[PDB]
Amino acid sequence: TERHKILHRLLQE
Amino acid sequence: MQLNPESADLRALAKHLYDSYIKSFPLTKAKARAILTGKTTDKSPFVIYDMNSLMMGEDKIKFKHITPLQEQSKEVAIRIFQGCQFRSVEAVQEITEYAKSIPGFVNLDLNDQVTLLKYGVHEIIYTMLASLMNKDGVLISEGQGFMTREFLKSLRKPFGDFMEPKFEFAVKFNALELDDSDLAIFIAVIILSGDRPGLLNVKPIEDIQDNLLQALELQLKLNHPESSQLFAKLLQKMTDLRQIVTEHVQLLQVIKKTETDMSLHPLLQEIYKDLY
Ligand SMILES: CCO[C@H](COc1ccc(C(F)(F)F)cc1)CSc1ccc(OCC(=O)O)c(C)c1
């Protein structure tokens, strides 16, 4: 249940 | 204090953060200060000090975010808030990139990385905003513009209340007379606060923050001979940063609801979400 999808994407790249 | 392999590693970390900070952030405090004093070869920031200068500046300043094709609000207060959103979203990415350069950060639990960034971003934003402020105003549009404190204070409620607290904080913080080398380590300390809500694997975070904290103290002792207590005073400011962040979010709710012409970029909503 990701509440911070964008931040997560940012950190994954 | 001794010159031993420990301190030598501390200084090596200091330099790595600084080098990473220079490449991650466009307008360092070194250059901002120069611009703020005319001691610069670059053009000269356009000064927005009233409505006429705002209108004129919207033409003669090339804002990275606006285009002639799109249509923006009719209310200056809202337009100004929009550019700040664009700048904040960009700031989130610079800070994220900087975080990835902090030794150890990338090898943390990804979920915890997210949590440190969610909470550290705004504290770091206001920290670095001070670099762009004097008591008269703040550099904008990466130094091409300068918007005065009083002009921002004159925006219609509630917008005229957003920046005041930041100017207040910046005057106290800039009296510390930190330079970029100090700041690079300081914001690294902020990012790796092991007491953020929702962390799961705290141990490795505190192990990193402890190094950062040693590197910072050593940095302050070497760089500010004529001001003891700088380390303590600086840690205290991390407290004040959490308060202005709380206050900023709360006021942001007054915007929300009672306004409708603007909305918040999703990245910003992710951050402000279940904050404090
Ligand atoms: C540093 C780049 O400068 C930006 C440019 O902002 C604009 C000002 C005016 C206009 C327009 F005239 F078009 F309305 C657009 C953007 C605003 S400076 C600023 C001021 C406060 C900030 O954080 C606090 C906040 O989110 O309110 C941030 C992240 C940035």
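The first sequence line is chain A, the next is chain B, and the lettering continues from there. In order, the residues displayed for chain A correspond to 601-613 in the PDB entry numbering, which applies throughout. Residues displayed in chain B correspond, in order, to the PDB entry positions 202-477. If you're wondering, the header gives X-ray crystallography, 2.4 Å. Only this structure's heavy atoms are used, side chains among them; waters, hydrogens and symmetry mates stay out. Whatever order the structure lists ligands and atoms in, that order sets their numbers, starting from 1.
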Inset, instruction - Provide the name, as given in the PDB, of the drug at ligand 1. - result: seladelpar
Inset, instruction - Please provide the name that UniProt uses for the chief contact partner of seladelpar (ligand 1). - result: Peroxisome proliferator-activated receptor gamma
Legend entry - Neighbouring chains of seladelpar (ligand 1), heavy-atom cut-off 4.0 Å: B
Inset, instruction - Could you find the nearest protein heavy atom to atom 25 (C) of seladelpar (ligand 1) and give me its residue, atom name and distance? - result: B/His449 CE1, 4.0 Å
Legend entry - Close approach, B/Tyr327 and seladelpar (ligand 1), non-hydrogen under 4.0 angstrom: yes
Inset, instruction - For seladelpar (ligand 1), indicate whether the residue B/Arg280 contacts it via side chain, backbone, both or neither (heavy-atom separation under 4.0 Å). - result: both
Legend entry - Nearest protein heavy atom with distance in Å, relative to atom 6 (O) of seladelpar (ligand 1): B/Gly284 C, 3.9 Å
Legend entry - seladelpar (ligand 1) contact on B/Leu330 by region, counting heavy-atom pairs under 4.0 Å: side chain
Legend entry - Protein contact of atom 18 (S) of seladelpar (ligand 1) - nearest heavy atom, named by residue and atom, plus distance: B/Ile341 CG2, 3.6 Å
Inset, instruction - Measure the distance from atom 9 (C) of seladelpar (ligand 1) to every protein heavy atom, then report the residue, atom name and distance (to 0.1 Å) of the closest one. - result: B/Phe264 CE2, 3.8 Å
Inset, instruction - Give the single entry among B/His266, B/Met256, B/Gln283 that approaches atom 15 (C) of seladelpar (ligand 1) most closely by any heavy atom. - result: B/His266
Legend entry - Structural part of B/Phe287 in contact with seladelpar (ligand 1), heavy atom criterion under 4.0 angstrom: neither
Inset, instruction - Among all protein heavy atoms, pick the one closest to atom 26 (O) of seladelpar (ligand 1) and tell me residue, atom and distance. - result: B/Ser289 OG, 3.4 Å
Legend entry - Source species of chain B (PDB): Homo sapiens
Legend entry - Heavy-atom contacts under 4.0 Å between seladelpar (ligand 1) and UniProt rosiglitazone-binding residues of chain B: B/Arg288, B/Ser289, B/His449
Inset, instruction - Return the UniProt domain name for the region of chain B with most contacts to seladelpar (ligand 1). - result: NR LBD
Inset, instruction - Look at atom 3 (O) of seladelpar (ligand 1) and say which protein heavy atom is nearest, naming residue and atom and giving the distance to 0.1 Å. - result: B/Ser342 N, 2.9 Å
Inset, instruction - Name the closest protein heavy atom to atom 30 (C) of seladelpar (ligand 1), giving the residue it belongs to and the distance to 0.1 Å. - result: B/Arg288 CG, 3.7 Å
Legend entry - Identity and separation of the nearest protein heavy atom to atom 23 (O) of seladelpar (ligand 1): B/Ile326 CG2, 3.9 Å
Legend entry - 4.0 Å heavy-atom contacts with seladelpar (ligand 1): B/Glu259, B/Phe264, B/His266, B/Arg280, B/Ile281, B/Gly284, B/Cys285, B/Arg288, B/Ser289, B/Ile326, B/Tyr327, B/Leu330, B/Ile341, B/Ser342, B/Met364, B/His449
